[PDB]
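Chains get letters A, B, ... in whatever order the sequence lines come in. Shown for chain A, in order and in the PDB entry numbering: 1-127. Following the PDB entry, chain B shows residues 1-127, kept in their order. The figures that follow rest on heavy atoms only: side chains count, while hydrogens, waters and symmetry mates do not. Just follow the structure's listing: the first ligand is 1, and inside any ligand the first atom is 1.
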Protein chains: 2
Amino acid sequence: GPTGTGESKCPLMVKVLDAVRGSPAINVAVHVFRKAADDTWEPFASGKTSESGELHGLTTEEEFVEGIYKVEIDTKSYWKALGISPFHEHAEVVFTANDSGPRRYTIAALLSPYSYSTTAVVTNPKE
Amino acid sequence: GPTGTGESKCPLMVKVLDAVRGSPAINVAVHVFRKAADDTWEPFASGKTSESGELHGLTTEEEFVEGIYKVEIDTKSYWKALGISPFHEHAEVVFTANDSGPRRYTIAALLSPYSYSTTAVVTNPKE
Ligand SMILES: CC1=C(/C=C/C(C)=C/C=C\C(C)=C/C(=O)O)C(C)(C)CCC1
Ligand SMILES: CC1=C(/C=C/C(C)=C/C=C\C(C)=C/C(=O)O)C(C)(C)CCC1
């Protein structure tokens, strides 16, 4: 498993779906941050979802150390570009990772203009 | 039940449900904040949900002016009290409050240990 800003066995993956059109939510910007020593959020990784609504390759197993991470989904620009003025500014998922060892995390979000749902699927690696 | 920063017509209400037990999520801490010129968040109101899982009297119409607000729900303390290991650190809902539109805002949240869903009901009448 590789080291730095690429994809190991992809420890963090984000998947976003659209509940109004019944399709993946394409081109949604995603920003990830790690809480720093000094209690503030430092930028950790970023990207855009693909044609299938997924974003892989945000980090490696070597760079994804234990910590508190924040994944911010720009849902507002997403809906605005489809001409809807949605309710939320963005959708955020904050969680503690790899505190009992490394794990793979998939963060999924289902979006509607006035509602969002999020779920996480966590698997214990090995290959 | 409870309250916050003083009781009026109830321009903002929060309701929290438990998907694991099919009940209202009681005694959950809720904090609300208003975004400031310097872009940081300032405390605005807070409280704990009552027996029916609702939190009212957080603000009043004079004080609730346009801006961007953040509602933070301490979901982690809620699952720990139940003996469940939860995934999220808390649930946040960030939205812009506008005059133009409707006035009553109900933010509802349905919690599971690895997943949460949030919806907003914005009306002209009550609740
Ligand atoms: C049910 C559900 C969710 C998970 C969806 C997943 C895990 C979808 C995987 C593949 C799909 C839906 C088909 C596809 O890409 O073609 C999320 C967390 C969004 C929250 C709302 C309820
Ligand atoms: C969040 C949530 C849910 C609960 C909603 C509740 C308890 C709403 C109460 C009042 C509302 C939404 C405003 C209105 O008075 O019209 C259900 C179980 C549907 C599942 C999806 C997630």
Participant: Select, from LY354740, 9-cis-retinoic acid, 1-deoxynojirimycin, the drug or drug candidate present at ligand 2.
Facilitator: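 At ligand 2, it's 9-cis-retinoic acid.
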Participant: Which polymer chain sits in most contact with 9-cis-retinoic acid (ligand 2), and what is its name in UniProt?
Facilitator: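 Most heavy-atom pairs under 4.5 Å are with Transthyretin.
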Participant: I'm curious which other chains are hanging around 9-cis-retinoic acid (ligand 2) with a heavy atom under 4.0 Å away - can you tell me?
Facilitator: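 Chains with a heavy atom that close: B.
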Participant: Which residues, listed by UniProt as L-thyroxine-binding in chain B, lie less than 4.0 Å from 9-cis-retinoic acid (ligand 2) by heavy-atom distance?
Facilitator: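 Among the UniProt binders, by heavy-atom distance, it comes to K15(B), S117(B).
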Participant: If you take the nearest heavy atom of each of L110(B), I107(B), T106(B), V121(B), which one is closest to atom 21 (C) of 9-cis-retinoic acid (ligand 2)?
Facilitator: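 Selected option, by shortest heavy-atom distance: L110(B).
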Participant: Please write down residue, atom name and distance for the protein heavy atom closest to atom 1 (C) of 9-cis-retinoic acid (ligand 2).
Facilitator: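 Of every protein heavy atom, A108(B) CB, 3.8 Å lies nearest to atom 1 (C) of 9-cis-retinoic acid (ligand 2).
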Participant: To which protein heavy atom is atom 15 (O) of 9-cis-retinoic acid (ligand 2) closest, and what is the distance rounded to 0.1 Å?
Facilitator: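 Result for atom 15 (O) of 9-cis-retinoic acid (ligand 2): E127(B) O, 3.3 Å.
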Participant: Find all atoms of 9-cis-retinoic acid (ligand 2) within a distance of less than 4.0 Å from any non-hydrogen atom belonging to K15(B), and give their numbers and elements.
Facilitator: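 Every atom of 9-cis-retinoic acid (ligand 2) under 4.0 Å from some heavy atom of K15(B): 7 (C).
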Participant: Can you name the atoms of 9-cis-retinoic acid (ligand 2), numbered from 1 with element, that are less than 4.0 Å from a heavy atom of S117(B)?
Facilitator: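 Taking each heavy atom of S117(B) in turn, 9-cis-retinoic acid (ligand 2) has 22 (C) under 4.0 Å.
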Participant: Strictly inside 4.0 angstrom of atom 7 (C) of 9-cis-retinoic acid (ligand 2), do you find any protein heavy atom?
Facilitator: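 Under the 4.0 Å cut-off, atom 7 (C) of 9-cis-retinoic acid (ligand 2) does have protein heavy-atom neighbours.
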Participant: Just heavy atoms, cut-off under 4.0 Å: does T123(B) contact 9-cis-retinoic acid (ligand 2) by side chain, backbone, both, or neither?
Facilitator: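 Under 4.0 Å from 9-cis-retinoic acid (ligand 2), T123(B) contributes no heavy atoms.
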Participant: Using a 4.0 Å cutoff against the non-hydrogen atoms of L17(B), which atoms of 9-cis-retinoic acid (ligand 2) qualify?
Facilitator: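 It comes down to these atoms of 9-cis-retinoic acid (ligand 2): 4 (C), 5 (C), 6 (C), 7 (C).
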Participant: What makes up the binding site of 9-cis-retinoic acid (ligand 2) if contacts are defined by heavy atoms under 4.0 Å?
Facilitator: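 Heavy atoms within 4.0 Å: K15(B), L17(B), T106(B), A108(B), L110(B), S117(B), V121(B), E127(B).
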Participant: Short N or O contacts of 9-cis-retinoic acid (ligand 2) with protein, under 3.5 Å, listed by atom name?
Facilitator:
from	atom 1	to	atom 2	distance (Å)
9-cis-retinoic acid (ligand 2)	15 (O)	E127(B)	O	3.3

